[PDB]
Participant: 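Here is a structure with vaniprevir.
We're sticking with the PDB entry numbering for chain A, so the shown stretch reads 990-1181, in order. Each ligand, and each atom within it, is numbered from 1 in the order the structure gives.
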Amino acid sequence: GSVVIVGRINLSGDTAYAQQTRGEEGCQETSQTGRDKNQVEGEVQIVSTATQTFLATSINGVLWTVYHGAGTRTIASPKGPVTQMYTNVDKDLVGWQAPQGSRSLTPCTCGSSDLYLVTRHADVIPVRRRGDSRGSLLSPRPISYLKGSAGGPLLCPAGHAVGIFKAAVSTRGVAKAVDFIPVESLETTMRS
Ligand SMILES: CC[C@@H]1C[C@]1(NC(=O)[C@@H]1C[C@@H]2CN1C(=O)[C@H](C(C)(C)C)NC(=O)OCC(C)(C)CCCCc1cccc3c1CN(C3)C(=O)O2)C(=O)NS(=O)(=O)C1CC1
Ligand SMILES: [Zn+2]
């Protein structure tokens, strides 16, 4: 089965919003065939397999997401199923060549420690960077609130890509910190 784009998180306006482009029946069918003729736009896609739904984010012309969501699956596209360009299970990372029509987030060079995590419901959650791949949640959210947002972007105050959300440190169902694949690690994967 292919990963299928079923919506987007629009970030170009004053407030973020989620848009649905495909339902359950459409997603199941598109997954089997791997032929998706829908127009792609924006930076953050909402994606699904048959069993899970999550996010994918374009950075440096590659559409990235989490391995624990996508496995080694192809992504459905206009020309049929497209094989993964990158697969790094140790980083919980996969990527495909960004679909035609998509736009990529610019890598952050600010070195800012105030970050912003975008969820699949288009919430923008402030995150304080605490290391290479960690940020603490200033204001926590329960785990159920963040569920399905893996593969989404962490952004800097200027709206650059800082990383890809992959996991949350859960304490009794509440997330106090988030873990992410930094953009620099994405670049390293693209290099060597
Ligand atoms: C709920 C919002 C979370 C973002 C999110 N991710 C998850 O739910 C991932 C999936 C799974 C568990 N997990 C966790 O976040 C767990 C948790 C909360 C369940 C308790 N936390 C944790 O382990 O902290 C420990 C920590 C050290 C921070 C992990 C670092 C990563 C270590 C690591 C390295 C290499 C490979 C792999 C891992 C972990 N890995 C494979 C893997 O499969 O993890 C999600 O929403 N997923 S989703 O619903 O969209 C799903 C459909 C895609
Ligand atoms: Zn920046």
Participant: By ligand number or chain letter, where is each copy of vaniprevir?
Facilitator: ligand 1
Participant: With a heavy-atom distance limit of 4.0 Å, tell me whether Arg1123 approaches vaniprevir through its side chain, its backbone, both, or neither.
Facilitator: side chain
Participant: May I ask whether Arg1109 places a heavy atom under 4.0 Å from vaniprevir?
Facilitator: no
Participant: If you measure every N or O of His1057 against every N or O of vaniprevir, does any of those distances drop under 3.5 Å?
Facilitator: yes
Participant: Can you tell which part of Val1078 has a heavy atom less than 4.0 Å from vaniprevir: side chain, backbone, both or neither?
Facilitator: backbone
Participant: Regarding atom 40 (N) of vaniprevir: of the candidates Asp1081, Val1036, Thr1054, which has the closest heavy atom?
Facilitator: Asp1081
Participant: Looking only at protein heavy atoms, which one is nearest to atom 52 (C) of vaniprevir, and how far off is it?
Facilitator: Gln1041 OE1, 3.6 Å
Participant: Relative to vaniprevir, is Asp1079 under 4.0 angstrom through side chain, backbone, both or neither, heavy atoms considered?
Facilitator: backbone
Participant: For vaniprevir and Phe1154, I'd like to know whether there is a polar contact (N/O to N/O, distance under 3.5 Å).
Facilitator: no
Participant: Considering non-hydrogen atoms of the protein only, which is the closest contact for atom 24 (O) of vaniprevir, and what is the distance?
Facilitator: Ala1157 O, 3.3 Å
Participant: Which residues does the binding site of vaniprevir contain at 4.0 Å, with heavy atoms considered?
Facilitator: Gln1041, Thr1042, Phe1043, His1057, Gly1058, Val1078, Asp1079, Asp1081, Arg1123, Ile1132, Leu1135, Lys1136, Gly1137, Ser1138, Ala1139, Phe1154, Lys1155, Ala1156, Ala1157, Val1158, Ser1159, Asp1168
